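Next up: a structure with glecaprevir.
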Amino acid sequence: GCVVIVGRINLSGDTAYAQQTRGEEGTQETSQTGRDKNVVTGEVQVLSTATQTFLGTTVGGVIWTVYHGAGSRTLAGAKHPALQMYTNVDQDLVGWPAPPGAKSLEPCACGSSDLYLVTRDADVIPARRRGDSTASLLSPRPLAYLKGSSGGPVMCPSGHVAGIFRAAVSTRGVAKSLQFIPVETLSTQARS
Ligand SMILES: CC(C)(C)[C@@H]1NC(=O)O[C@@H]2CCC[C@H]2OC/C=C/C(F)(F)c2nc3ccccc3nc2O[C@@H]2C[C@@H](C(=O)N[C@]3(C(=O)NS(=O)(=O)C4(C)CC4)C[C@H]3C(F)F)N(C2)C1=O
Ligand SMILES: [Zn+2]
């Protein structure tokens, strides 16, 4: 089937919030068709398949997300579904051309180690960067609270995107660190 945009998160300005755009029935129908009547607004899109829900982040004109969520599927669009311009299983990364209305986030270059994840519910979860692709949670939290936020943005204090949430370091139901796809990896991405 198709990946469907069932919601959005606008990060510019005040404390962000999530905005639902479709329901169960409409998302199933639109994953069957591939025709998305709704307009695209925001920098972070809530994405769903017939079975899974996750996030995508708009950077450099492209909606990026995780392969373990979208696989090789297409993204519903105005007229027809959009084909993936980027696919990399090793990086767990996939990318579709950003349609009209999708606002891109600017890459981070400040070197700030004080990052935060924006979840699918628009919660802010801070973490201290300790490597190229890892950041330690300031407080451990149950893994279930992070589920469904893969593909969401890992942000710097300035509002620029340092990375894309990919996986969690967890033990016995409790997450201690986030692992993400560095933003520098999305610019050096081969338009297949
Ligand atoms: C134990 C754990 C937390 C479940 C697991 N940790 C884990 O593997 O830790 C190791 C050690 C340190 C980093 C990581 O190195 C391995 C990298 C794995 C990977 F991620 F690159 C990945 N490449 C794939 C490529 C092709 C096909 C399948 C793939 N499957 C993968 O990983 C899988 C998926 C990923 C996941 O659940 N991501 C999140 C999420 O919310 N998803 S989701 O939206 O609900 C949903 C399932 C709908 C899409 C953000 C974390 C949230 F839950 F916090 N996983 C397992 C984990 O995070
Ligand atoms: Zn920055």
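The first residue of the sequence shown is numbered 1, and numbering continues consecutively from there. Computed over heavy atoms, backbone and side chain alike; hydrogens, waters and symmetry mates excluded. Method on record in the header is X-ray crystallography, 2.0 Å. Start at 1 and go down the list; that is how both ligands and their atoms are numbered.
- Here, the model contains glecaprevir as ligand 1.
- This structure shows the largest set of contacts to glecaprevir coming from the chain UniProt labels Genome polyprotein.
- The site surrounding glecaprevir, defined by heavy atoms under 4.0 Å, contains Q52, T53, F54, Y67, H68, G69, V89, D92, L143, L146, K147, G148, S149, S150, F165, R166, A167, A168, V169, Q179.
- For glecaprevir, the UniProt domain of chain A with the most contacting residues is Peptidase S29.
- With respect to atom 40 (C) of glecaprevir, the closest heavy atom belonging to the protein is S150 CB, 3.5 Å.
- Near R166, the atoms of glecaprevir lying under 4.0 angstrom from a non-hydrogen atom of the residue are 20 (F), 21 (F), 35 (C), 36 (C), 38 (N), 39 (C), 50 (C).
- Atoms of glecaprevir found under 4.0 Å from any heavy atom of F54 (numbered from 1 in listed order, with element): 44 (O).
- Inside a 4.0 Å radius of atom 50 (C) of glecaprevir there is at least one protein heavy atom.
- Within a 4.0 Å radius of atom 11 (C) of glecaprevir, the protein contributes no heavy atom.
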